[PDB]
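Working notes, beginning with the structure itself.
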Amino acid sequence: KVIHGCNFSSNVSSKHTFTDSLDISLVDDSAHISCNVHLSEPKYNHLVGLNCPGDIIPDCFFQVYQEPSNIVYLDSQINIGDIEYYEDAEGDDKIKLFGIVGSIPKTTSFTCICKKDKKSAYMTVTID
Amino acid sequence: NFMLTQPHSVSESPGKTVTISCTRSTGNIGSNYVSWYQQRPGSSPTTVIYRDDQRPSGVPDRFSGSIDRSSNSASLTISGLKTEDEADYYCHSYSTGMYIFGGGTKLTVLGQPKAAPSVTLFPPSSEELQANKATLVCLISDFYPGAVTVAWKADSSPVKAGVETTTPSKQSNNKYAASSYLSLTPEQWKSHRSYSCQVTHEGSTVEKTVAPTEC
Amino acid sequence: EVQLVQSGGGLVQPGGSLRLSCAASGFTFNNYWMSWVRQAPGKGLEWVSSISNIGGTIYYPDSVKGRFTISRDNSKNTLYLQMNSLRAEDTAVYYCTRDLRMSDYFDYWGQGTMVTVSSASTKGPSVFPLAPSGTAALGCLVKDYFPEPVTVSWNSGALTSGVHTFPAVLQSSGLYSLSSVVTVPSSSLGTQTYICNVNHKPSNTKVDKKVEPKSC
């Protein structure tokens, strides 16, 4: 199974395969580039998450953003009942995921931040 | 990881300016943000610089930070010194999962002339030796600013073990005093030609020596 | 305003345990990282532990990894530091901080609370004379006592000029030592008696020690 999300680490990880990738050790200090994920399916059965080699802001994916600054809880944002939260570790690599099964009332978007040194990569998810 | 190294102390007169360095031992000082913290005596720290050169609210523009990518060093600069600027200052930088602090720098805003320490060194008493013990007592008083460094010699060889040294404490005449004790055995006291207490204050070093002699 | 009110430390014997608290107010507790930073008396800042917004990330240095545990209770807006297997090297003033993770710095600090790890018990000092070699210095050594303080006088209060009683050193044995020195005219070394009076009330210790010139 694939994780619909972004791998910002430079490890060649086997436990986890993401749909998108963007090596954080590439962008300018105190700047950001985005790695966007769009999901559009009738009834889902997907894992969503990221692999961050620095620090994750906020505490995704229980907390997500709306430079973002509005911290929100994912259960309130997607407004679905059963959301499974998962995590993994590979040294400094931090893998935070969430599983989503079923239908979604309203199309919702949210952002999660991977920060490494002065460089921060954003991951914005849209789900219809 | 890395280390951040600051000078032990700096000093200047009111209204003058002072700069405190923070040299990163390995890696690039420009890779991670540097922050600076002020700590007045007996107080909790407060942030005066964050993100290399940003000032929190409440910090006047007399404070400023800069980053030197060639010397791999960050700097805090304080101009138009006031008495309340007298503090210990710490630089800080963060790498993933590790928080690194500089050693700290004493800033003395001079309120009197610089003053050399008066140093007295006492050898172990006959009483203490008969109790099968040996202590060397090195008394340091009347120095300003209140920053000193103590080292002990066995003859001319450095002594690293058995050394207990107090921090400077403010006297009644606003100068500072300190003390350093070297515990020895009676044999290593008698089996050397002399021991030495080396006090360094503001770059000038004062030395006193005592020998295991009866007379 | 933002507040970090730290709660209650104390004295612990080595290998004991102790819990520190930090009550936070004025900001959304769930949206910030928080840290503990300590400082041994006379020494520098040393980061102890950090915790992310709601526990997603926790960081420790190896000096406390396995012995200290950071946690937080968002329903009480409180940060905790659970300290176990305490060593004497853990003696420090522990500070509570709020962090801005995005800018890698501590933007607010607590007032601090002192934590002392000592196995020392009450013990009176041993007093030794520091004999003198136009003016001469003499004194007496007050050694291995607990707890503070210790008062020293010379000649029962008759001699107070030229007297200097230095602050104590805290040894790694947990015991204190200090020294009192008095500068006297060398011409009186043969004719004036010098007795230092050392008093340590916690142990009902009173010592009169005469400091004589060396016979040689």
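Just so it is clear: chains get the letters A, B, ... in the order the sequence lines come, proteins before strands, and each one is counted from 1. Quick note: numbers below take in every heavy atom, side chains included, and nothing from hydrogens, waters or symmetry partners.
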Partner of chains B and C with most atom pairs under 4.5 Å, per the PDB entry | Pf48/45
What drug do the PDB records list at chains B and C?
-> TB31F
So which of A:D59, A:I113, A:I71, A:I57 has the largest heavy-atom pair count under 4.5 angstrom toward chain C (TB31F)?
-> A:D59
Residue A:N70 versus chain C (TB31F): region with a heavy atom under 4.5 Å | neither
Quick one: what part of A:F61 sits under 4.5 Å from any heavy atom of chain C (TB31F), side chain, backbone, both or neither?
-> neither
Contact part of A:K96 toward chain C (TB31F), heavy-atom cut-off under 4.5 Å: side chain, backbone, both or neither?
-> side chain
Of all chains in TB31F, which has the highest tally of heavy-atom pairs closer than 4.5 Å to chain A?
-> chain C
Let me know if A:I56 has heavy atoms under 4.5 Å from chain C (TB31F) in its side chain, its backbone, both or neither.
-> backbone
For TB31F, which residues of chain A belong to the epitope, using heavy atoms and a cut-off of 4.5 Å?
-> A:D29, A:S30, A:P53, A:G54, A:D55, A:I56, A:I57, A:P58, A:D59, A:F62, A:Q63, A:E67, A:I71, A:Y73, A:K94, A:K96, A:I113, A:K115, A:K116, A:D117, A:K118
Which antibody residues from TB31F have heavy atoms under 4.5 Å from any heavy atom in chain A?
-> B:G30, B:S31, B:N32, B:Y33, B:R51, B:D52, B:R69, B:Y94, B:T96, C:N30, C:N31, C:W33, C:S52, C:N53, C:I54, C:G55, C:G56, C:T57, C:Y59, C:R101, C:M102, C:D104
Anything under 3.5 Å between chain A and chain C (TB31F) that's a donor-acceptor pair? List each one with its distance, please.
residue : atom : partner : partner atom : Å
A:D55   : OD1  : C:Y59   : OH           : 2.5
A:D55   : OD2  : C:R101  : NH1          : 3.4
A:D59   : OD1  : C:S52   : OG           : 3.4
A:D59   : OD2  : C:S52   : OG           : 3.0
A:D59   : OD2  : C:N53   : N            : 3.2
A:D59   : OD2  : C:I54   : N            : 2.6
A:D59   : OD2  : C:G55   : N            : 3.4
A:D59   : OD2  : C:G56   : N            : 3.1
A:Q63   : OE1  : C:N53   : ND2          : 3.2
A:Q63   : NE2  : C:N30   : O            : 3.1
A:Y73   : OH   : C:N30   : ND2          : 2.9
A:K94   : NZ   : C:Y59   : OH           : 3.2
A:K96   : NZ   : C:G56   : O            : 3.1
A:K115  : NZ   : C:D104  : OD1          : 3.2
A:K115  : NZ   : C:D104  : OD2          : 2.9

